[PDB]
Every structure is written in C-alpha cells, then in structure tokens.
Amino acid sequence: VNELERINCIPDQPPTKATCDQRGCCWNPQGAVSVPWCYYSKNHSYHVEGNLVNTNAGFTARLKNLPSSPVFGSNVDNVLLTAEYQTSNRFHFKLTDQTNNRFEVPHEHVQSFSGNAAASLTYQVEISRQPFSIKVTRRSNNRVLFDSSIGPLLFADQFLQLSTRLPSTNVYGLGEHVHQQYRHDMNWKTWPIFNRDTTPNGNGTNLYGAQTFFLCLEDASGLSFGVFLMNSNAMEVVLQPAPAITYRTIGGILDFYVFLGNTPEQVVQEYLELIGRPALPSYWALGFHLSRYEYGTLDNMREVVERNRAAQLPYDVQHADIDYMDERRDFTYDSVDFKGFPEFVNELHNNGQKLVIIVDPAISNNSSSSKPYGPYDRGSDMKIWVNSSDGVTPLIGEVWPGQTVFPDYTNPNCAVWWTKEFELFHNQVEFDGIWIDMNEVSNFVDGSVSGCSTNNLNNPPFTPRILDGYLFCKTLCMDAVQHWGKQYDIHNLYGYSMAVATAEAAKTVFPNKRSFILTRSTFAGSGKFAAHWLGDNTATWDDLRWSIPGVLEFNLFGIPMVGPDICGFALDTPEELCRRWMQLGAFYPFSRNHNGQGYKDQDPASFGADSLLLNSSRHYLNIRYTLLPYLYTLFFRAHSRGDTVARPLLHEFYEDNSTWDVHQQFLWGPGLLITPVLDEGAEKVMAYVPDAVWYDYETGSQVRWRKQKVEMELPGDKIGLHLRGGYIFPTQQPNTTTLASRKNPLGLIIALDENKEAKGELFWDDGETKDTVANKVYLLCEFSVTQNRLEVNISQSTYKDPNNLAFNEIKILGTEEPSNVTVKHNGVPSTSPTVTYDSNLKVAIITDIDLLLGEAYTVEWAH
Ligand SMILES: C[C@H]1O[C@H](O[C@H]2[C@H](O)[C@@H](O)[C@@H](O[C@H]3[C@H](O)[C@@H](O)[C@@H](O)O[C@@H]3CO)O[C@@H]2CO)[C@H](O)[C@@H](O)[C@@H]1N[C@H]1C=C(CO)[C@@H](O)[C@H](O)[C@H]1O
Ligand SMILES: *[C@@H]1O[C@H](CO)[C@@H](O[C@@H]2O[C@H](CO)[C@@H](O)[C@H](O)[C@H]2NC(C)=O)[C@H](O)[C@H]1NC(C)=O
Ligand SMILES: *[C@@H]1O[C@H](CO)[C@@H](O)[C@H](O)[C@H]1NC(C)=O
Ligand SMILES: *[C@@H]1O[C@H](CO)[C@@H](O)[C@H](O)[C@H]1NC(C)=O
C-alpha cells in the first residue's frame, strides 16, 4: 500500500522484523519519518459468516475471526455487528462479543433504540464480507465518510481497534488535550484519552476529560460529518495522513455513531441530539467570576472582593477554594481563618453577587467519638464508598485532607448521601453554585495507600500512551469496585457520575433553580449538567494561545460554558500578559480569573486603581455585559437546538478555505468576531477577515477589509471586536452584576449587510428557573430589517419580565441618513423618535423610543 495508508501493527514497542513476522504483518522499513515499518496485511481480521439479517432497526451480521496470532491476549472468535438506521442523519453500529456480555457505558442520557429504521436516509451503509469492512457514504454525492477497509477490526478482551479513512484533513475534536492548534495535525499523531490530573502544557498528554467525538468538514460546500465512540476504557486515537483515524481501546465494546450534516453546526446539533444538549446556564454564571487558591483568610478574600468592587469591575461571582474549609475537608469551614463566613455570604448577596464553593469528591476518613467528621460517618453508614477489589473494603487514598475514602457516585444511594451533605452545609453557608474538582478521580498516591495488585486490570497487555504509562497513576486502582463496574471500565466516568449526582443534589438544595456546577473531569454528555474549565494552566503566552482551540473544542463537545484560568493559574503573571488575557477573557463563554497558591495577586484591581490593566479589563467586561442578552440567546440555542456558542470561523465561513485552520480568532455565535493580541510585545495582530461586511464594534465604522488577511492595529488597550453585517444584536446597559444589569434598558445593534438587510433574535426568561424552555415559559422575538423597515416579531410569548424592559436605543450600522422615522405598534402609530446621524461613519442611532419587550413593532424610515 501507499505508505500513508499503512496501519501500524506494532503500536507497543520499537518495530522489529521478528515481531512483525510473529504477528503476520508486513515489513518495510524504507518509509519516511513516523511511517510504520510494520503494518497490517490486506487480510488479517474478521470475515462475515453467512448472511446479514434484516431487523426492524437495520441489520445484524455475524463476524468470525480469521485465524490470527494472539498479541494482546484473549481474542474474540464470534463478533456480532448490530447496525441501526436511527435517524436520517445518524447511523449507529456496534460490535460486541456474540457469546458474552461485555461492559457498555451506562450513559445517563443515551437510550437503547427501539423502533424502526428511519426513512429518507442521507447516508448509505455498505458491508464487505471477506475481509469484513463497513463503509458509510453520503447518498447525495457518494462521498465515502467512514470506511474501515483501510485496516483490520481487532477485538480482544483488552484490545479493540478499528480505523476509518477520512474524506479530508479538516478534522476537529477529541479531548481532553492541549492540541495547540484547532485543525488536527494529521501527520502521524497519537492522542491518549484517559482522565488524568495533569498539567495542560505542550506535551500533548491525556488530561482531565474523555471526549471521543470529532467533526470533519468534507469540502467548501459545508458538507460535514462527525463520529463518536461510546467507550469509557483507556484508549488512544491515531491520526495519519492517508487521511485516517484509528481508535484503539483496552476494553468494552466498539459502539460507534456516525452523524451527517449540511454544515459543521448541523453535525454538532446531531451529536448533541444524541448525547445530551448543554444545560441553559443561570444568567448570573455568564458574568465575570473571580477566584484564587489560598486567599488564606476571609479577611484576605474580603479585601480582594472589596478592591474589585471599589473599581466598579463587572463581577458577579466569587469562588471560594479549599482554604475556606476546616483543614481542607468538605462541608466545613475554618472557624478561625474563615470566622464570619455566613456574614460574608450575606454581604456578597446584598451586593448582587454569588458564591461558588469548591467541593472535592474525596472524604477524610479521620473520625472518632471524640471528634466526629459527619460526612465520613454518614457516608460509611450508607456504605457508598468505592471499594477495593475484595468488593467490601472501602478503598483508602490520599487527597487534600490526608487519607480519604472516595464516594461511589454511580450508586443512586450515593446521590442521596451527597444531597444531604449539601443540605446540611447550605444551612450554614448559603452558597449559590458548586465547583467540583479533583474528580478524575485524582489521588495523591498511585492507586491506594497500599498501591495496586499486579493483575490484568492494573497491568494490562497494552497500555495507551497515557502520562506516566500506568493506569493507576495519580488515581484509584483499576480493580476498585463501584456500582457500575470496576474502575478499569468506569474510570473515565467518575467526573461524569459526580456531575450527575451534583445536579441531583441541586434539585433539593436549590429547588427549581439552575444554580451552577463547574467540573474538571468530563465525559461525553457532561455539558447537560456542568460548565468546564481547562484546568491548571500557566501564566505564559503559549497558554494564552492554546486556550482558544480548547474553548472551541469543548463547544463541539456540548460544554459551551468553558474557559481557562484567565491570567494563568501557576506562576506570577506579567502585567502585559494578564492585560491581554483579560481582554480575551472578557469573551470566553466561562470568564474566570483564577490563580494558584502563593503567586502574586492577579485579580484585576491588584494592578492599581488607575492602571491600564484595570481600565481595559473594566472596559471589555462592560462590553461583555452589554452583549449578555446576545450571549444568553446563544446559550438558549445551544440548549434547545445544539448550536455552538464560541464558534470557529469555519462554522460560518466554511466556503472559504482560509478559515479552516484559523484558531487565533473566534466568533460569538454567527455575528461577533473576536481578534485578540496573542504575542508578547505586540500592538498588532495578523488576523483573517472573513467574506462578510464587518463593523468595528466601538465606533460602528465599516472596515475596508473583506475575505483577506490583515494586520489589525491593536494597541495595549484594545482587542479586535467586529460585528457581522446581516445580524441584529440585542444589548442591555451593563451594571457591575447581572442581578442589576437585567433591570436595565435594552438596545439593538443592526449591522446591515450589502443588501441593507439584517436578522436577529432575542430569548428572554427569568434567568434562573429550571425547565423554563421545556415548560415554555419564555419570550422569543425575532428582528428583521429589509429596506426602510425593522420588524420586531414575537414567536413565543409566555414570560413577561416584571421590570418594564424596553428597547430604548437602536443603532444602525452601514446606513445612509434615515429620515421620517416612524414607529408602529401592532400596526398602529404611535411619537417621533430622536435620530442622531454620523455621515462619516454611516451610523444612525435612534433614541427617545420605548419598544416594550414582548410587543410587536415596526420601525420605518425613508432616505
Ligand atoms: C493546586 C494543584 O496542585 C496539584 O498540582 C501541582 C503539582 O502537584 C506540582 O507538582 C506542580 O506541577 C508541575 C508539574 O509537576 C510539572 O511536571 C510541570 O508540568 O509543571 C507543573 C506546574 O505548572 O504544580 C501543580 C499546580 O500547578 C494538583 O495535582 C492539582 O490538581 C491542583 N489543582 C486543583 C486544586 C485546587 C485547589 O483546590 C484548585 O485551585 C485548582 O483550580 C484545581 O485544578
Ligand atoms: C462496598 O462495600 C460495602 C460493604 O462494606 C457494600 O455494602 C453493602 O451494601 C448493600 C446495599 O446497600 C447492603 O445490603 C449490604 O449489607 C452491604 N454489605 C455489607 C457487608 O455491609 C457495598 O455494596 C460495596 N459497594 C460495591 C460497589 O460493591
Ligand atoms: C513536559 O513535561 C515535563 C515533565 O516531564 C515538564 O518539565 C516540561 O515543562 C513539559 N514541556 C512542555 C513543552 O510543556
Ligand atoms: C446598578 O446596580 C446598582 C446596585 O448595585 C443600583 O443601585 C443601580 O441603580 C443600577 N444602575 C443601573 C446600571 O441602572
């Protein structure tokens, strides 16, 4: 074969002819760098035995192992293929052991399919028998999307592999990793996935979460597809320039979904329709969050809070890290250093702010009659810990408080215990949201305080290239035992089960409210429950650059509320870096400045009351808050439809191949282009301006650039923000908290396209009740402008905000002078508004107007 198509037969060691021969593979060392010297032969694997059988849902096939050397042990002789034409755009196939039940992910959202093959498929499936392969092609153009024929199917108990050709190199996704770029390097790269507490740095290791989804943009027409593997065992994904991708996992089953869409966004919508769309956040979670590890005392925390409030920083949320606890134990506070914590909570609340508390899964096991630790006693009484391999002894590890046991969040009763612990603590400290951390789960000892037994779970025949090369490193023994199964199988599901339990707890502690959950470890579908942050980064320019692809990727995974620690967790942050990162950070969907222990303060007001950093931070945060109605509506669409929030340029501009690798800029939704300075010393940025009309956000002037690379001038106080022609942006006068800003006058920004038309929408509900979308208690309105006329149209009208909200300002960009501006209500005029016009900038602002939110209006003008 073409060397780019070789599928490596020796993933586990340096390639030798002797091993190649024993494995029945092909040997050819004469390739280029990273081209496998030993690769699978053309007929190695499985063949279809007999006929495929039609089922109501699709078909099944029996696959029989063609005689083969047992490399990673216990091979599976009879494999069952079950294929289901689940929807017109989603294909599901699974390969199981015909004769034995194997571990399958007990996902909380995904259900087994019952019912019949879908009509009007956008795809076709083709099965080859001798040797087995499966191919999924797009019906419209016969483009081959998934094609396993490039390599073997391998299916041993602890080694399962399938490959697929890909129709392009525009591949985005997989996680959790620092990829450094957004479009994948298809040049022989292997990405291990196994939830792990480690530093998101340049080493390309497995990190906190496990995300097997990827999306492929087929060509400039926008046609795209995506693939998801429902498997929670350690795995790695191998990318090569064929182009092709190989999944290699060490247990469970190969359970694949293939999704087709007409655009990249439609693929994401299809993926999220399957795994679970993201929670609609509390509107307050959209504001700016502040945090650090080790304020040390409530006095220190209060001083930080107070200087940022004194500076009028938009600032909704304060996080309290493990320093609030009594000796780093959950569900206590330090009665000396945090004496008066409940009074401080009241102060936060009186100022319109929210408290988010960190909670760790591990529970101190140090409790006596003399000094009881309630959470451990109650947990032991309920028998809800993760056990050792004997199945009866709670496993002992070590985390922040010292020796600890670990809750088994897969046990339904564990959620009852967890809920009661939060109820009890909420009675003392009235926190508003929960930050779940260390939930990979992270262990300061490897496996347990007594290590791990040598066995096939702790020491498997094949180990993907995870950091440190052992599964149990900085986590639990793989033979530890939980309600859903052994840690070997469910390790990647710990943070997911914990988020599910935590949301369950919120039902009791925050009745009928969304609250906020922020989680470190994630699995596919975690976004239904929680926000995410990109973990323990560093105050470097590299970390700032690497943040954007990480944010875009999590939006693909349906965790749109995601961001890094702005300014950098580890290390003292330089002023210039923190200023640039604050500017960018004002536009991360989850915007939090957080800092590690002992490092110099990096909260915005710490740089000085009159500093450039503070001024610019406040400035761009005030822009974020102004655009919160737009951001919120983008979250409404992510929740209800499955759209991304932070979005790659290529999701909107896929026709333009110059956007396919852009990862130094991004969009909010379709209409706002963010262009940060990402280089030390720079007052410029080399940026791409897509094929659209664009307007400078602050001045409203139309840029001359279109569909081209530019050097954008961005001095130390600026970040690029441009509005897309053809879009209408709802705004609301900002205040330093969202409690307050939500009572303010609204505005519209109408950015006219080349045809002097534009469209937009606004979702509005109470900002905090759970299920307002499912129960249809909300306002959705639509704005459109087509020559001389803005129409405000109400499509859903079941919530009326009691604060008398109205649009009191309309700003029109790219317009000739309007004249004779008329306002009609339900067709009835209806008042002559005030119009200000800038003939140099071609901007009109209409004021002295009061268009009540929830009412239909026409605003008309002449030229
Ligand atoms: C607070 C943090 O502590 C732990 O991580 C720290 C490591 O223990 C240190 O070894 C050091 O890591 C360095 C690596 O060893 C080195 O290989 C290189 O990559 O640089 C690293 C530093 O950049 O520093 C680590 C912290 O930077 C622990 O493993 C980690 O999970 C902890 N972070 C969480 C805990 C808290 C405190 O409640 C929160 O504040 C954080 O946001 C959590 O993410
Ligand atoms: C971990 O071990 C404990 C025992 O230490 C198991 O607790 C059992 O729980 C069931 C259901 O709650 C009770 O009916 C039994 O009486 C408990 N056994 C004992 C010996 O008390 C628990 O099931 C274990 N967890 C897992 C995942 O196996
Ligand atoms: C990679 O990891 C090592 C620890 O093994 C660390 O010291 C180093 O800084 C990392 N390198 C990069 C490029 O991030
Ligand atoms: C902003 O909120 C404060 C409460 O902190 C309130 O006093 C004030 O009236 C609000 N002002 C605005 C922006 O209209």
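By the numbers in the PDB entry, the shown part of chain A spans 7-836, 838-870. Both counts, for ligands and for their atoms, begin at 1 and track the order of listing. Heavy-atom basis, side chains included; hydrogens, waters and symmetry copies ignored.
Choosing among linvencorvir, entrectinib, dalfopristin, atazanavir, acarbose for ligand 1 gives acarbose. Bound to acarbose with the largest number of contacts is the chain that the PDB entry calls Maltase-glucoamylase, intestinal.
Within acarbose, counting atoms from 1 as listed, the ones closer than 4.0 Å to a heavy atom of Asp203 are 28 (C), 29 (O), 30 (C), 31 (O). Residue-level proximity to acarbose for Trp441 is carried by the side chain, the only part with a heavy atom below 4.0 angstrom.
Within 4.0 Å of atom 15 (O) of acarbose, not a single protein heavy atom is present. The shortest N or O to N or O distance between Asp327 and acarbose is below 3.5 Å. Scanning the protein heavy atoms around atom 3 (O) of acarbose, the nearest turns out to be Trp406 CH2, 3.7 Å.
Nearest protein heavy-atom contact of atom 1 (C) of acarbose is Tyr299 CE2, 3.5 Å.
Using a 4.0 Å threshold on non-hydrogen atoms, atom 29 (O) of acarbose counts as touching the protein. Distance remark: protein heavy atom not present below 4.0 angstrom from atom 25 (C) of acarbose.
In terms of polar-atom proximity, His600 is counted as a contact of acarbose, with an N or O under 3.5 Å from an N or O of the ligand. In this structure, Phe575 has a heavy atom closer than 4.0 Å to acarbose. In terms of N/O distances under 3.5 Å, acarbose is approached by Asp542. Considering only non-hydrogen atoms, atom 21 (C) of acarbose lies nearest to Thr205 out of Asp443, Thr205, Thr211, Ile364. Under a heavy-atom cut-off of 4.0 Å from acarbose, the UniProt acarbose-binding residues of chain A that qualify: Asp203, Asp327, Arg526, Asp542, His600.
For the pair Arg526 and acarbose, the shortest N or O to N or O distance falls below 3.5 Å. In summary, the atoms of acarbose found under 4.0 Å from a heavy atom of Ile328, numbered by their order in the structure, are 38 (O). Checking distances below 4.0 Å from acarbose gives these other ligands and ions: ligand 3 (2-acetamido-2-deoxy-beta-D-glucopyranose).
There is no protein heavy atom closer than 4.0 angstrom to atom 8 (O) of acarbose.
Proximity to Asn207 (heavy-atom distance under 4.0 Å) selects the following atoms of acarbose: 19 (O).
By the 4.0 Å heavy-atom criterion, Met444 is counted among the residues contacting acarbose. Defined by non-hydrogen atoms within 4.0 Å, the binding site of acarbose is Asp203, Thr205, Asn207, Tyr299, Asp327, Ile328, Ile364, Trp406, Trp441, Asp443, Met444, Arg526, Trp539, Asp542, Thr544, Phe575, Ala576, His600.
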Please tabulate protein-ligand N/O pairs under 3.5 Å for acarbose, atom names and distances to 0.1 Å.
| residue | atom | partner | partner atom | Å |
| --- | --- | --- | --- | --- |
| acarbose | 19 (O) | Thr205 | OG1 | 3.4 |
| acarbose | 19 (O) | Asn207 | ND2 | 3.4 |
| acarbose | 29 (O) | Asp203 | OD1 | 3.4 |
| acarbose | 29 (O) | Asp203 | OD2 | 2.9 |
| acarbose | 31 (O) | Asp203 | OD1 | 3.0 |
| acarbose | 31 (O) | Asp203 | OD2 | 2.9 |
| acarbose | 31 (O) | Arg526 | NH1 | 2.8 |
| acarbose | 31 (O) | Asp542 | OD2 | 3.3 |
| acarbose | 33 (N) | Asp542 | OD1 | 3.2 |
| acarbose | 33 (N) | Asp542 | OD2 | 2.8 |
| acarbose | 38 (O) | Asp327 | OD1 | 2.5 |
| acarbose | 40 (O) | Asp327 | OD2 | 2.5 |
| acarbose | 40 (O) | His600 | NE2 | 3.2 |
| acarbose | 42 (O) | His600 | NE2 | 3.0 |
| acarbose | 44 (O) | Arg526 | NH1 | 3.0 |
| acarbose | 44 (O) | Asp542 | OD1 | 2.6 |
| acarbose | 44 (O) | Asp542 | OD2 | 3.4 |

